[PDB]
Student: 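Handing you this structure, nothing more for now.
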Amino acid sequence: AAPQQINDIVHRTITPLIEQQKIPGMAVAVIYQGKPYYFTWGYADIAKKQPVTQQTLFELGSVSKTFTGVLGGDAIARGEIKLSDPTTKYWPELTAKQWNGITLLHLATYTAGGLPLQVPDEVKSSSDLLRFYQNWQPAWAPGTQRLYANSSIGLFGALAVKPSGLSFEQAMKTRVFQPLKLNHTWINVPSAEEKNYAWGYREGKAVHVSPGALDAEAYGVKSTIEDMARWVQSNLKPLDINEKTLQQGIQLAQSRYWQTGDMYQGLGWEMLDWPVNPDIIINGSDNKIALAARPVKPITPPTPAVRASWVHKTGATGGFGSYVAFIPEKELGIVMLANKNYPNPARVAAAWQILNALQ
Ligand SMILES: *C(=O)[C@@H](NC(=O)Cc1cccs1)[C@@H]1NC(C(=O)O)=C(COC(C)=O)CS1
C-alpha cells in the first residue's frame, strides 16, 4: 500500500477522470520521496477481459522522445557528437542548400525551420527519407521558430547514434535501457511479451501503432508502469546513476536550450520553473498550442538543469495516451499510462492536482 494521502488524492483524481474520458485501462505511478507507488484500473484487452497489471505494456507515443533526448545527451557526454555540429557532418548526402546552417541542436529541439509534424507515410526507406529531407523547404530560418515535429527529433536520434556504430535500437538498449534496468521497455515487443501488450482503443476499436519511418526515435517505445516509474526516478536523481556518461546525458536533456513564453525546451523533456501556473501547463498542452509554431529565444549557454522545475512530456498514439511529469527539487513525479488517446489538458490537470497535493 501507499501513504493514505497518496491513495486519497489518486483515487479522488483518477477515478472521475476515467469515468469522464471513458478510459478502458489505466496505470499510474506516483514517485514520492523517491519511491514508487502503483495503481491500476480496468482492462488491457476489453473483449478478452484481461486487466491492466503492473506488467502491462502501453504505447508511450511521444514520451519516447525523452529516451531519444537522453540517448543524445549520452552521446554528447561520450564526446561522439556536439549539438553545434552541422546535420551534414553525419549525413553528407544531405547536400541541398537549405541544410547549410541546420545543426543537431535545431533537429533535437524542433527549431530547424518548419520540419513537419509527421514523416509522410509514403516515406519508408532511407532513400525515401533522403528525398523527403532534400525536397523539404523551410518556412523560417533555423533557430527562430519551434514547431513540434517527429521528423525533426526523429532525425536527430538517427544521426546522434552514427559515431557509435550502433543502430538506434541497439544504442538505446545498450546505453539507456540496460544500465537503468528497464527490462520491460521495448522499441519492438518480442513475441513472448505480446501477451502483456495492451490493446489501444480508438472509437471503440482495438488498435496498435503502425510502423513508420523514425518511429523508434519519435514515438515507438512501449513500456510498463514499473519501468516508467524507474525512468522517472532516474531523471529525478541522476547522481545515483553509476554510468557517468548516462548521468551526464540525463542532466543535458534537462538543460534549457530555448525559451518560448514560460516553457523551456530540453532534449525530449520540456520544463517550466516551479511553482507553475497550472492554467499555463494545462492550456499549453492542448494541441492548439502544443503543435503550433512558436517563436523561440536562444539560451546561450544552455541553462544547466534547474532542480526547481516542472519537467514533463505528453505522448499519444492512435489508441494510447501517456503523460510523465516530475519535480526534481521535491523528489516527486507521476506517470499516467492509458489505452485511450484522451485530451492532453485532462492529463496535465490530473497530474498537477496530484503532485500539488503531495508537494
Ligand atoms: C506524440 O505523442 C504524437 N504522436 C505521434 O506522432 C505518434 C502517433 C502514431 C499514430 C497516431 S499518433 C502526437 N499525437 C497526436 C494524437 O493526438 O495522437 C497528435 C494529434 O494530431 C493532430 C493533428 O491533432 C499529433 S502527433
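Following the PDB entry, chain A shows residues 30-388, kept in their order. Whatever order the structure lists them in is the order used to number ligands and atoms, beginning at 1. All values below come from the heavy atoms of this structure, side chains included, with hydrogens, waters and symmetry mates left out.
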Student: If you rank chains by contacts with ligand 1, which one has the most, by name in the PDB entry?
Tutor: Beta-lactamase
Student: Report the name of the drug modeled at ligand 1.
Tutor: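 The name is cephalothin (bound form).
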Student: Using heavy-atom distances only, which candidate in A345, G347, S91 approaches atom 7 (C) of cephalothin (bound form) most closely?
Tutor: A345
Student: Looking at cephalothin (bound form), does any of its N/O atoms fall within less than 3.5 Å of an N/O of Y177?
Tutor: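 Checking cephalothin (bound form) against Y177, no N or O pair falls under 3.5 Å apart.
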Student: Which residue and atom, if any, anchor cephalothin (bound form) through a covalent bond?
Tutor: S91 OG
Student: Number the atoms of cephalothin (bound form) from 1 as they appear, then name those within less than 4.0 Å of a heavy atom of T346, with their elements.
Tutor: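 The atoms of cephalothin (bound form) under 4.0 Å from a heavy atom of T346 are 8 (C), 11 (C), 12 (S), 18 (O).
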Student: Give the atom numbers and elements of cephalothin (bound form) that come within less than 4.0 Å of a heavy atom of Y248.
Tutor: 7 (C)
Student: Which cephalothin (bound form) atoms does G344 reach within 4.0 Å, using its non-hydrogen atoms?
Tutor: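 By the 4.0 Å cutoff, the relevant atoms are 2 (O).
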Student: Using a plain distance cutoff, I'd like to know if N370 has any nitrogen or oxygen under 3.5 Å from a nitrogen or oxygen of cephalothin (bound form).
Tutor: yes
Student: Using heavy-atom distances, let me know which of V236, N373, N179 sits nearest atom 6 (O) of cephalothin (bound form).
Tutor: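 Residue with the shortest heavy-atom distance to the ligand atom: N179.
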Student: If you draw a 4.0 Å sphere around every atom of cephalothin (bound form), which residues of other chains have a heavy atom inside it?
Tutor: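 Non-hydrogen contacts come from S91, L146, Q147, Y177, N179, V238, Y248, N316, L320, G344, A345, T346, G347, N370.
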Student: Which protein N or O atoms sit under 3.5 Å from any N or O of cephalothin (bound form)? Give each pair with its distance.
Tutor:
unit_1	atom_1	unit_2	atom_2	d
cephalothin (bound form)	2 (O)	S91	N	3.1
cephalothin (bound form)	2 (O)	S91	OG	2.0
cephalothin (bound form)	2 (O)	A345	N	2.7
cephalothin (bound form)	2 (O)	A345	O	3.3
cephalothin (bound form)	4 (N)	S91	OG	3.3
cephalothin (bound form)	4 (N)	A345	O	2.9
cephalothin (bound form)	6 (O)	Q147	NE2	3.0
cephalothin (bound form)	6 (O)	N179	ND2	2.7
cephalothin (bound form)	17 (O)	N370	ND2	3.0
cephalothin (bound form)	18 (O)	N370	ND2	2.9

